Every structure is written in C-alpha cells, then in structure tokens.
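Next up: a structure with paromomycin.
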Amino acid sequence: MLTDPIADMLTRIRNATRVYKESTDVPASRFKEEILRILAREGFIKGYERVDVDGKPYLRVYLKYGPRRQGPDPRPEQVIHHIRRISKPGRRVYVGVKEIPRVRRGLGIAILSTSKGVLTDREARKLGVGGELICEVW
Amino acid sequence: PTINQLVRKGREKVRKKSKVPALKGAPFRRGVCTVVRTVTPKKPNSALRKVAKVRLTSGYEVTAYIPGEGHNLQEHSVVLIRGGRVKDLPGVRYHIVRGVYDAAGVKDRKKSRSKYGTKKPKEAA
RNA sequence: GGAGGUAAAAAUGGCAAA
RNA sequence: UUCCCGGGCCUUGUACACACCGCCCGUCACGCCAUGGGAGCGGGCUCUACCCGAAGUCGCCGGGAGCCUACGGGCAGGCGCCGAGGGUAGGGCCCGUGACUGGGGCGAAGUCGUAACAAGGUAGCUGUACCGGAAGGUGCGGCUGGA
RNA sequence: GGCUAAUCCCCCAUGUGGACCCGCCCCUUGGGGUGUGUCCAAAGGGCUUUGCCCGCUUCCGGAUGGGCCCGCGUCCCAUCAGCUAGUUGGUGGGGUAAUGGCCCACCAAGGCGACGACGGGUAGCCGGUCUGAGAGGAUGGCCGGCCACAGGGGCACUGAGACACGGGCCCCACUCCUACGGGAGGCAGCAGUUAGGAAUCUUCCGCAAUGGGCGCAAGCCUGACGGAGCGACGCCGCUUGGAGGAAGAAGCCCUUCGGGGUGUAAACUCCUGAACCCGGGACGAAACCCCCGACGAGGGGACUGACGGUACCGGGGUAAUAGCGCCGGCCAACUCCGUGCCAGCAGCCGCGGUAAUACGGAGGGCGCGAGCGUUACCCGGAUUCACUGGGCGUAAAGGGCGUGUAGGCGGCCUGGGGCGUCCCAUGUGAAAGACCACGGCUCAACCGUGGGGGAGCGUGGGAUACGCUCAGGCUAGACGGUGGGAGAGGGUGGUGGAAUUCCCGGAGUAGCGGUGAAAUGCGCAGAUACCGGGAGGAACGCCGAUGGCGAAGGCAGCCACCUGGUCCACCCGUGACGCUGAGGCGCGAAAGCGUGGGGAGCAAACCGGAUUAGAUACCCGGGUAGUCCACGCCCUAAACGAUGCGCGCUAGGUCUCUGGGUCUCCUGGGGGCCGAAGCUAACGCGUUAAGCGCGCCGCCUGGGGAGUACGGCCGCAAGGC
Ligand SMILES: NC[C@@H]1O[C@H](O[C@H]2[C@@H](O)[C@H](O[C@@H]3[C@@H](O)[C@H](N)C[C@H](N)[C@H]3O[C@H]3O[C@H](CO)[C@@H](O)[C@H](O)[C@H]3N)O[C@@H]2CO)[C@H](N)[C@@H](O)[C@@H]1O
Ligand SMILES: [Mg+2]
Ligand SMILES: [Mg+2]
Ligand SMILES: [Mg+2]
Ligand SMILES: [Mg+2]
Ligand SMILES: [Mg+2]
Ligand SMILES: [Mg+2]
Ligand SMILES: [Mg+2]
Ligand SMILES: [Mg+2]
Ligand SMILES: [Mg+2]
Ligand SMILES: [Mg+2]
Ligand SMILES: [Mg+2]
Ligand SMILES: [Mg+2]
Ligand SMILES: [Mg+2]
Ligand SMILES: [Mg+2]
Ligand SMILES: [Mg+2]
Ligand SMILES: [Mg+2]
Ligand SMILES: [Mg+2]
Ligand SMILES: [Mg+2]
Ligand SMILES: [Mg+2]
Ligand SMILES: [Mg+2]
Ligand SMILES: [Mg+2]
Ligand SMILES: [Mg+2]
Ligand SMILES: [Mg+2]
Ligand SMILES: [Mg+2]
Ligand SMILES: [Mg+2]
Ligand SMILES: [Mg+2]
Ligand SMILES: [Mg+2]
Ligand SMILES: [Mg+2]
Ligand SMILES: [Mg+2]
Ligand SMILES: [Mg+2]
Ligand SMILES: [Mg+2]
Ligand SMILES: [Mg+2]
Ligand SMILES: [Mg+2]
Ligand SMILES: [Mg+2]
Ligand SMILES: [Mg+2]
Ligand SMILES: [Mg+2]
Ligand SMILES: [Mg+2]
Ligand SMILES: [Mg+2]
Ligand SMILES: [Mg+2]
Ligand SMILES: [Mg+2]
Ligand SMILES: [Mg+2]
Ligand SMILES: [Mg+2]
Ligand SMILES: [Mg+2]
Ligand SMILES: [Mg+2]
Ligand SMILES: [Mg+2]
Ligand SMILES: [Mg+2]
Ligand SMILES: [Mg+2]
Ligand SMILES: [Mg+2]
Ligand SMILES: [Mg+2]
Ligand SMILES: [Mg+2]
Ligand SMILES: [Mg+2]
Ligand SMILES: [Mg+2]
Ligand SMILES: [Mg+2]
Ligand SMILES: [Mg+2]
Ligand SMILES: [Mg+2]
Ligand SMILES: [Mg+2]
Ligand SMILES: [Mg+2]
Ligand SMILES: [Mg+2]
C-alpha cells in the first residue's frame, strides 16, 4: 500500500547496500527525484536515471561502496553507514533554523524539505529557512 | 507502542507506595507501649529480639524494635518512633529512639552513642 | 519394511550454614 | 549378561548442584497479622420532597391609626415572594465497628500422605464436569512446554 | 421637649456644558455630530487683602486602578457513562457603572457528554524553587503578582470603590458581665497564653530613615516598616595558635618478644595574639522648615538617629572549646580481647553455633568539622512508563477468530488557496531570582549596576518543497468482467457396507472372559466359539500423506440440492474507491445447562474383584448422566506457529499440493525442510523472518496474594468479562 514512499526508497537503498548490489529500483516520484539529487552531490551514490519498467517509471539508483578491505570479512565499508526516516507519517517532525541538529558533528547530512525546496542542514542555515526534517544519512 | 496509542492512552506514572504509614510521614511520633516482649526471627537466624507494641497518637497500634543491649521499657512507657524495619522480624517496621522520655540510653555504651542515645562520659580526658 | 510402538512391583530422608 | 550390587564410555531427560541419602506439593495442629462476607450498630458528606422561618433587599398597601420642613410626597408601620438555618420523611456514596465465618500471607527442626521434577515409577500440563482427608484421581476434547 | 452654626440639607435662577425621547447625517452592536422639547449645577475658608492661595460646581481629555467577556493551557479515579427546570434559546421587562437565565413572566424543546459530561478524592494558581546531560519529574515555604477568605452561615447599608478582619444587622456554637431584663466579645494583625504535636521565637525599641492616611503648614497616627532579641534551622566567614622538638619520654595497644604503633604528637623553648581593658567614634540625613528671589526656577542657612557608643579606628593585652559518624564487600579505613545462632548488628547481599577485620570494648585508621549522624519526603541513579529513550516465539506481555463504526494513516502528475509548517519586522513576555561581567560591605554569603536571550501568543508581510484542502487527470494499489481449476469449507435431504451389542432358529459342548499373575463376572436354566435371520444406534477401514480446505474453532463412506472463500489465465471495465480498526456485532473445541427425542459401543459419579501399610487411584468385571439428533443457552482452553493484520525490499538449494505457458524448463498461489546477509540473551528465525522499513490495533512494567475480593454487566445455573 506504501504508506510512506520515501522510507520505502531509503529502505530499498539500505537493503541494497548490505548485499553489495550494483543498483536498485525504486518507483518514480519528482519529490524522490529531488531527494536523490542531494544523495548524489554529497557522495552517497553514483546517480540515477528515469528508467521505465513495463511501462511504469522507476529510478535506477546506482550505489557506491568503499575499498575492499583485507584480512577477515573482506566486504568493503559502506559509504552509507546509517540511513533512516525521521519525519514519519505517524509523527511529523518540524524544525527551525535554531533547532537544526548536528548530525554526527557535521560529518553526517540532514536532509530537510524547506519552502525554498529540498535542501540540507548546511544549506538551510545559509539561506535561513528550516522545515520538515526528512532524514539523516551518515 | 505507537505514537497515536500514546496520545490516546499515554504513560502511567509509577506513584510509589509508602513503607512507613506514620500518618503524614512525620519523622517521629510519640507513643505509649502496651505489650513489650521478645520474639523469634526468620529461618536463617535464631535469637530473642526485643519488640514492643506501641499505641501511638495516631490511634493505631504497631510493633516497635528496641535497639541496643538492655532497656527500661514497661507497660506504661512513653517512647518515640523513628522508622526503618528489621529484616529478620516480619511485622516489625519501626524503631524506638533511645534516650527520649522513658527509654534510657544503652548503659555502658562507648562507641556509637549518637545512636542508642548515650551521653559523653567524662573520665578526665 | 514403513507405520503402529514394549513396566507388574515399593513410601520416605529433621533445621540452618565454606 | 535377562535379573541384584559396583564401575567405564557415548547419548537423552532434569524443577537435582552441601547433587536421589536431592528436591518438592497439599490438607491438618499452633502463633501473629491483614482482608472479604456477616444479624446489624455508630459517624461523616450529599441529594429529593415538604413544614416553619430571623435579618435584609425588592414588590403592594400606607387605610377605621401616627410623624413630617414647601403634602396627588416622604418616614414609621403592615403584607407578600425570596431567604440563613431548624424540623420531619425516604435515599445515595464513603469510613469505623460486630458474635461468627470463608479463604490468604507469614512464622528454623509438629502430624498425614507422595501429586510434580528422571517413562518420577499412571508422560505431564490444560479447559470443563463429577468425586475424594489431602496433595489429587477419573471422564470428554485439546497441547508439546513428551516418547 | 426646646434652641442653634456651617463645606449639612433643600428651592428658585444662570447655563459654557451634559443627560434623556424623537427626527436627520457620518459611522456602522449602545461611537460621533446636530435641531426642537424637558431636566440638572454649585461653598466657602486664610492671610504680607477688593490681590493671591486652599477648596467648590459642571463638562471634555490624560494618568492610574478595577469590572465583565473570549481563545488556548491547568491532578487522580471509567471499580463514576450518562447528565440537565432556570435546564438550553427567543420576546419583553427588572437590576447593575456595564453584557448576561444575573433575576422574573410567556413561548419554542432544547443544551452538554468517550475530544470523558455528571459525580467522587485532592489542591489556592503563577513568576519561581529543587533536581536533571537534556527532555522531563517533583514542588508553590521566604519574596513578588492575581484570587479566595476574617469564629460558622446569610444579608444589606454608607460610599468613587466593600457585601467590608480591628463597620452594621440576624441565626448558631462558645466565653464573659449581670440588679435576670438584656448586654459585651470574635488575635487566619504585632508580640504573648493554652491545646494539639517530633517541632517552630520577644507580651523588645523607635517613627531617625523609606512608604501610607489626614492637614496650607506646623505636626499627629502607623506592631507598615526600619532595627534589636531568641533558636547551630540553613548558608557564609572565623577561632581553639605558629615555628622549633629525641633514631624519638611516660602511659596505652600489638608482638614471630628482637621490636613496631600512637608519634614531631606531648613536655619544653621562642614568636604572634581570640577573648578581654581604655580612649575616640560614625555612613545611613537631606528634604519638609526658614531667608533672597513672587511661599516657582535657582542659591544659602538651620533642625532631626531607634539601632548605639553599636559595627569600626587607635593603644594595651591572655596559649586560649572538640566533637560526631564509620572501618566485611558496595565504600576510604585492621589488629587484640570478650561473647559463643547467646547477647547483639543490619540500607542491599547478609554476619554470630569457641580462635568474628560484620556483635561489645580497647588500640590504631579513614571521612567531615561547630558540626556529625539518623528518620521522613522530592528528583536522580531508574533507558524499571523509554517524546528524546524500552518492549511482547520460549523471561511480564499479540486480543480465540472475523466483519465493521468512529478515529489514525494513505499511490503518481499538474494547477488554486496558504490551515499545519518556515522566515523577517513589531508588541507582549512586570520586577525579583537564575546566567555573564564590574562594583559595595576588610572577603564570602548578601546586595547594587549593566548586558544577554528563551519558547508561548497577538498583528503586518513573504515563501509553497512536504502534510491539509479544492479542481482536473493517470494507472502499478484495490475492486469488477470473461473463461476455467482444485478442495474433509458450510447447511439440508436421502443413502451403502464392515463391525460391536441384543433378540430368535439350527448346530454343539465343560468351560468362557480377563491380568503383567488371578478373582469378581458369565455358563449345563445350554454360555465361549460357528451358521442363518432381524432390530437399533454410532463412527466411516483401505484411498490417507511429512496431503487438502476454512479467518479461527474446526471439517473425512456416497449421492444430490442450496452456498461461501480462493486460485490462474485473458489483460477488457471502474478508477484511489485503500490499510488498520477502540466500541459494537457474529462465529467459537470439549465439557456443561434447559426442553423433547434417541441410546449399540464407550464411559465421569457409583458398586464390586484384586494390588496395597492404606486405594476414595493406576489394572479387571458391571454401570448412570454424558457422548449422538432438533432448537435455545454457555464464551472457556496449551482457542499454540505460546509469533495480530496489511504492503514494499533483501542469496539460494531441495521435497510436495494446485493452475497456466511457445509446457527440457519458466512463472503465479499454497504446505514442509536446510540455509547468504541480517537479527537474537541463547536455543533458533531466515521471501510462510523472530531481517530491513512504514501504517494501525491489542497487550507488558518483579514474584506471591489473584484472575481472588468488592462494585458493574452478562447467564437458568455452573460461571464468564
Ligand atoms: N507458603 C505458601 C503457602 O504455604 C502453605 O503451607 C503452610 C503450611 O502448610 C506449612 O506448614 C508447614 C508444614 O507443611 C510442614 N509439614 C511442617 C512445617 N513445620 C510447617 O511449617 C510451618 O509451621 C511452623 C510452626 O509449626 C512455622 O515455624 C513455619 O514457619 C511454618 N512454615 O507452612 C506454610 C506456611 O508457612 C501451603 N504450602 C500453601 O497453601 C501455600 O504455598
Ligand atoms: Mg512422612
Ligand atoms: Mg525419595
Ligand atoms: Mg532434608
Ligand atoms: Mg542459622
Ligand atoms: Mg574408555
Ligand atoms: Mg546419563
Ligand atoms: Mg469486615
Ligand atoms: Mg400627585
Ligand atoms: Mg459493615
Ligand atoms: Mg476474619
Ligand atoms: Mg509420584
Ligand atoms: Mg506420574
Ligand atoms: Mg500424575
Ligand atoms: Mg481435566
Ligand atoms: Mg475416581
Ligand atoms: Mg450651550
Ligand atoms: Mg436649578
Ligand atoms: Mg485546601
Ligand atoms: Mg535521566
Ligand atoms: Mg479562629
Ligand atoms: Mg450605594
Ligand atoms: Mg475594615
Ligand atoms: Mg482581629
Ligand atoms: Mg505537647
Ligand atoms: Mg516614619
Ligand atoms: Mg513620612
Ligand atoms: Mg611513648
Ligand atoms: Mg549621619
Ligand atoms: Mg576498603
Ligand atoms: Mg574471638
Ligand atoms: Mg559494618
Ligand atoms: Mg568491631
Ligand atoms: Mg526517568
Ligand atoms: Mg527513587
Ligand atoms: Mg518510548
Ligand atoms: Mg524491557
Ligand atoms: Mg510468557
Ligand atoms: Mg474510516
Ligand atoms: Mg498523500
Ligand atoms: Mg498558512
Ligand atoms: Mg523577568
Ligand atoms: Mg538584575
Ligand atoms: Mg486495462
Ligand atoms: Mg482525485
Ligand atoms: Mg478489517
Ligand atoms: Mg462452545
Ligand atoms: Mg459438547
Ligand atoms: Mg442435553
Ligand atoms: Mg418439563
Ligand atoms: Mg464396559
Ligand atoms: Mg505400597
Ligand atoms: Mg472400568
Ligand atoms: Mg498448534
Ligand atoms: Mg489486530
Ligand atoms: Mg493469534
Ligand atoms: Mg514456497
Ligand atoms: Mg531452517
Ligand atoms: Mg476463570
């Protein structure tokens, strides 16, 4: 039924990084398209493209991972150590420019939808707007 | 639970119960003794602990423990309830302050005489 | 050869403790 | 080598671990305490209906009867509604008490059995029904927390 | 009864002006203006006096204080689920400064409630205070703001304002004075008495200051206040000396007796100097008053201190109170003696029964110091109510299962609004406290000054990504069509055979049943075992499975009728119609209950026979309800996968059921096993998650007491929730 199409996207990404898959398919949405624009510039993915699956538009989000570590357990480190939805439909989380969190002491990213568009924590304090705290990625 | 379940139901406060029903939780309470005697403790131990039924001002009648070694408590003795129970005596939850109105302090006490109510002896020192 | 599937016997151990 | 006793290894079951000379369940006897029921009794608060009802505001009279400084007016006075409360009658909740009674909790070493844990010697537990001093047994269906 | 004065009361006038009715105009709830009619005013006093001052009257305006109303927030109990007669609304009045059922008559029958009305318990609320990393939790003592009260209860009067603490009236309770008939009083003001209690002060001094009231002023009043007094009650500051001092006295403790500890502690020697004594001595005080100027601005002069001769300054000058808790682990600090599950300790675990670092004492040690401990309470630790920040297969916990009300949540695209949300500006957010700097008391506590900001809410403006809404559209969700498929899905009606038991006939005999060994029992009245025939009920062997179906409970000979769910293909229609679901509603094994029928086998209770110390049981022989049918009840469970439902994602291998295909093989649904990643405390789960997510619901919060008692609902009861 997809109560939240945003968390299904972030979970499809999270489920594709634990098996080290080349890419994954998420359905199409112009709002999810703007969320993925932020994941590409900050360096969590390779990008996406408006593909078409059986006449239904999806999004081939190309993943990216770290260097192949040696020794025991040779799987590489994730570029996305953590990703989760905050403003869930059961509890909408709304914040302002003073109450923006320091996601992993600035080493993380805080995507949040503003009236100026889908921006992030460092772009929200520069323009001075704030808004719906979407998610935290690090 | 869910957020909506917490807006509807909420969180129940624990609201702890008192272990000392001294009627308004006063620090002390004057009472007269009715029956002073000796009882037997629980299964791991075995002795003759001195206890006392005290008719307090609040109208109830509770058992009270006599601390120390030796006392001067009778059927018409006025004592002061302190608090705190005795682990080995089921039914004893209060303590008797020694050194007040009828209960004299522990005779020949020397070390912890703040408790058991004994004054400072003066032997030229 | 795979299910089904073989009892006649019998009570108890004072308390607390490295 | 079936069977008594002791021992070795593997496996299984365990609520046992000062370890089966283990543990453990219920009834009964004694003691302490708390609680429910209980012929009822006592008290607080509150409600409904009625009887009476001061002060006082307001409403009417103000005359066969007073006072008045400007009198188709005022005051005194009288009447009525309301009214604190008092009284009567029935209720509602709560608290305290009561001969006696039901089960409960607790208190080292009392009596009776052996239900459970090892196929615990009747695999156990469970819902219901019946019975039995008691743990408990049996019936019907269920469960694997058993083979 | 009688005089008598005023800033007392009244009448006439004047009317700037104001009030009211009516009309008109602007505005637009009763605001403002205007015209006619009417109504309303008023006080004098003192002096350097026909000139000012203090007052009076009317109206408008300011400033302050208050009344009423509204939005939002404000404890627990649902074992309180219905409440409502001035109750809800209208019309007209009464009343008030003023709206209003505030009150009164009439009419309409409404108003409130699971978003918790009504009722019951409790509580004054806040700024703040305490804690806490924070969020929150707890609190409302001093100070400040608002309220409510003044022995309990009602009521009005005066007045700008009171339903009036030290004003009035009345009723009650109580105390007191009485010539007995009718009077006095209200410390929850300041002290003080008594009572209760674990517990809480001086019947002190002063109006010098600040503030209030009156008065032109002088000044009077102020238990407001300023101070003093008591109390280690809290915090802060300080003292009981300081420097020397023996390889180290005495006493005491331990000792492997050789010595170690108290212990540089003491004595002793220098040095400083609390307390004390003497002299001096305040800041808080400058106005009001007077003089010059006009009793204005400005300038000048004088009076006045409770605390108090007090803090303080200067001189002199004495070695000058130490106590309490603890020493098993947590938790810092160890030896001797006594005692012997005794006496005793104790916050938790726990010590003690002859050698106790845990009792008691001593020595020594640790910790704090005019304090130290204890008891009670609040937060913390407690992330054990988890919003930050918890959980439910087996530890506490998924409702027995469905359907479904409200509610919560909801797919893709593009527009409109901008309610949530976000930004900026403005207003508020009193002071105090808190926080940061600098000051004042010789520091600090205390206090002054300045600065800094929250959030919340009102107003103006902007933004439109997400949520909401309106409108258009789309098909992946969901539903429907067409064609087929399997199945113990459910109800009704009929029907087949095997077997058990009983009756009848034939035949036939000395035993049959039964145990794990025997009896009870049955049988020469002709049993068991065999043949033939009949009745009657219940269950359906083989197929059958580790199988199928249903949401669960559960469902099995066969036939037929009625009927439900589901699956696959074709991708045709509707077009977001969805998911979950408190309450409700219905179903719900067995046992049980009622009413009637039926009753072969089995079989609670019951009776025998054995076993046994005993047997109310296990085993044997009988056997009644029940089992079975029809209707109505009951509503439980190990109702179990001890895993609620829905959707998306994440390796595979293998067995099996059921469709479809260009059917080697692929793909949809379902039932099993093993296992990537991952999870978990472990067992184990693992596309049929206990994984990664999201929506909604139920539930959990240590064990016993207890699924008990009371209350409520349901039931015929048993009993259930
Ligand atoms: N404790 C829970 C309850 O205890 C009940 O049992 C209670 C009694 O049955 C039991 O009595 C036991 C007795 O069983 C056993 N056979 C002998 C023992 N001496 C008794 O003990 C009792 O009595 C003595 C004095 O007589 C007390 O000192 C002792 O503390 C107490 N347990 O003592 C228990 C209470 O202490 C049942 N077990 C049960 O109902 C329930 O579990
Ligand atoms: Mg015995
Ligand atoms: Mg035994
Ligand atoms: Mg024993
Ligand atoms: Mg013992
Ligand atoms: Mg060997
Ligand atoms: Mg073994
Ligand atoms: Mg009773
Ligand atoms: Mg007239
Ligand atoms: Mg009673
Ligand atoms: Mg009783
Ligand atoms: Mg047994
Ligand atoms: Mg058994
Ligand atoms: Mg048994
Ligand atoms: Mg049973
Ligand atoms: Mg029986
Ligand atoms: Mg005029
Ligand atoms: Mg006139
Ligand atoms: Mg109160
Ligand atoms: Mg915390
Ligand atoms: Mg009084
Ligand atoms: Mg008046
Ligand atoms: Mg007054
Ligand atoms: Mg008074
Ligand atoms: Mg007293
Ligand atoms: Mg003064
Ligand atoms: Mg003054
Ligand atoms: Mg010495
Ligand atoms: Mg001065
Ligand atoms: Mg230590
Ligand atoms: Mg000893
Ligand atoms: Mg100790
Ligand atoms: Mg000791
Ligand atoms: Mg907490
Ligand atoms: Mg606590
Ligand atoms: Mg939480
Ligand atoms: Mg937990
Ligand atoms: Mg459990
Ligand atoms: Mg709905
Ligand atoms: Mg949406
Ligand atoms: Mg808006
Ligand atoms: Mg402030
Ligand atoms: Mg300040
Ligand atoms: Mg189509
Ligand atoms: Mg639409
Ligand atoms: Mg549903
Ligand atoms: Mg049933
Ligand atoms: Mg039945
Ligand atoms: Mg029947
Ligand atoms: Mg009948
Ligand atoms: Mg039989
Ligand atoms: Mg025997
Ligand atoms: Mg039998
Ligand atoms: Mg099962
Ligand atoms: Mg559910
Ligand atoms: Mg279930
Ligand atoms: Mg499968
Ligand atoms: Mg497996
Ligand atoms: Mg029950």
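The sequence lines fix the lettering, A, B, ..., with proteins before strands; numbering per chain opens at 1. Both ligands and their constituent atoms are indexed starting at 1 by order of listing. Displayed portion only: the contact tally does not extend beyond what is shown.
The parts of the structure that belong to paromomycin are ligand 1.
Counting heavy-atom pairs under 4.5 Å, the chain with the most contacts to paromomycin is listed in the PDB entry as 16S rRNA. Other chains reaching under 4.0 Å from paromomycin with at least one heavy atom: D. The deposit credits the origin of RNA chain D to Thermus thermophilus HB8. The set of residues with a heavy atom less than 4.0 Å from paromomycin is D:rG26, D:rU27, D:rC28, D:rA29, D:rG105, D:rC106, D:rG107, D:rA108, D:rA109, D:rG110, D:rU111.
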